Amino acid sequence: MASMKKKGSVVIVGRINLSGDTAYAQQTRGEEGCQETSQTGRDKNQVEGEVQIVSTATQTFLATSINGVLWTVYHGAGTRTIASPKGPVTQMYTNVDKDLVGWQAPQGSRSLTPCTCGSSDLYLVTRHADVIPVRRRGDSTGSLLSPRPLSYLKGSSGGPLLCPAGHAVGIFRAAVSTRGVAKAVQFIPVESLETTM
Ligand SMILES: C=C[C@@H]1C[C@]1(NC(=O)[C@@H]1C[C@@H]2CN1C(=O)[C@H](C(C)(C)C)NC(=O)O[C@@H]1C[C@H]1CCCCCc1nc3ccc(OC)cc3nc1O2)C(=O)NS(=O)(=O)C1CC1
Ligand SMILES: [Zn+2]
């Protein structure tokens, strides 16, 4: 019981840059470094942007900042802390029934704003910065306009689904697939984010 360990913190290893001409993923911490920043929690690298790429010692996914909170998904993060300059940081929101968790948006970062103009055709940002047209077919669901394998959507949970203007409509959570070809998607409607707040 003395020779016991603890599940390290979630570490920011990069970001999906969207603030210019094109969308592209940037790496900020290697694998050997992330394996350490998760064991300590002391993350010195400053934060920029809205969509961050996060990793645990065994998995990797995304996290989106909205209304001043860095949201992600529970099945990737769990109750883990996040590495901040001032050590680990406890989540200020945890709802397993929704598969949702959140930390205070670190400084130096920007937080999207919920879309209030009614989203019709959404755009899903993937782990590899790809922007995939989604046709909102529900309140938390959206069919894909172009079919592609599930393998290109794995590790994208916690990412954003965006208005044509760029506001946030939800948080990619699960995928609807048949025969290995993803046909639709589901997300956490940003209104439920507000309700949790
Ligand atoms: C392909 C990419 C896809 C975005 C990803 N999401 C998933 O794979 C989720 C995880 C799990 C199964 N998922 C699915 O998408 C399934 C699957 C058949 C597997 C495609 N699809 C599906 O159900 O269709 C039905 C409409 C949905 C409604 C019913 C499902 C409800 C969703 C859900 N809620 C909870 C609450 C609490 C929990 O505690 C442990 C756990 C949960 N797990 C869940 O779904 C992803 O990349 N993750 S990740 O980044 O690689 C990860 C390593 C970090
Ligand atoms: Zn909008």
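For chain A, we keep the numbers from the PDB entry: what you see runs 983-1179, in order. Ligands are counted one by one from 1 in listed order, and the atoms in each one are counted from 1 as well. Heavy atoms only: backbone and side chains are in, while hydrogens, waters and symmetry mates are out.
The compound at ligand 1, a drug or drug candidate, is named grazoprevir. Here the macromolecule with the greatest number of atom pairs within 4.5 Å of grazoprevir (ligand 1) is listed in UniProt as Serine protease/helicase NS3.
Of the residues of chain A touching grazoprevir (ligand 1), most belong to the UniProt domain Peptidase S29. Looking at the UniProt active-site residues in chain A, the one nearest to grazoprevir (ligand 1) by heavy-atom distance, rounded to 1 Å, is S1139, 3 Å. Counting heavy atoms within 4.0 Å, the binding site of grazoprevir (ligand 1) comprises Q1041, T1042, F1043, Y1056, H1057, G1058, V1078, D1081, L1132, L1135, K1136, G1137, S1138, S1139, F1154, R1155, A1156, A1157, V1158, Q1168.
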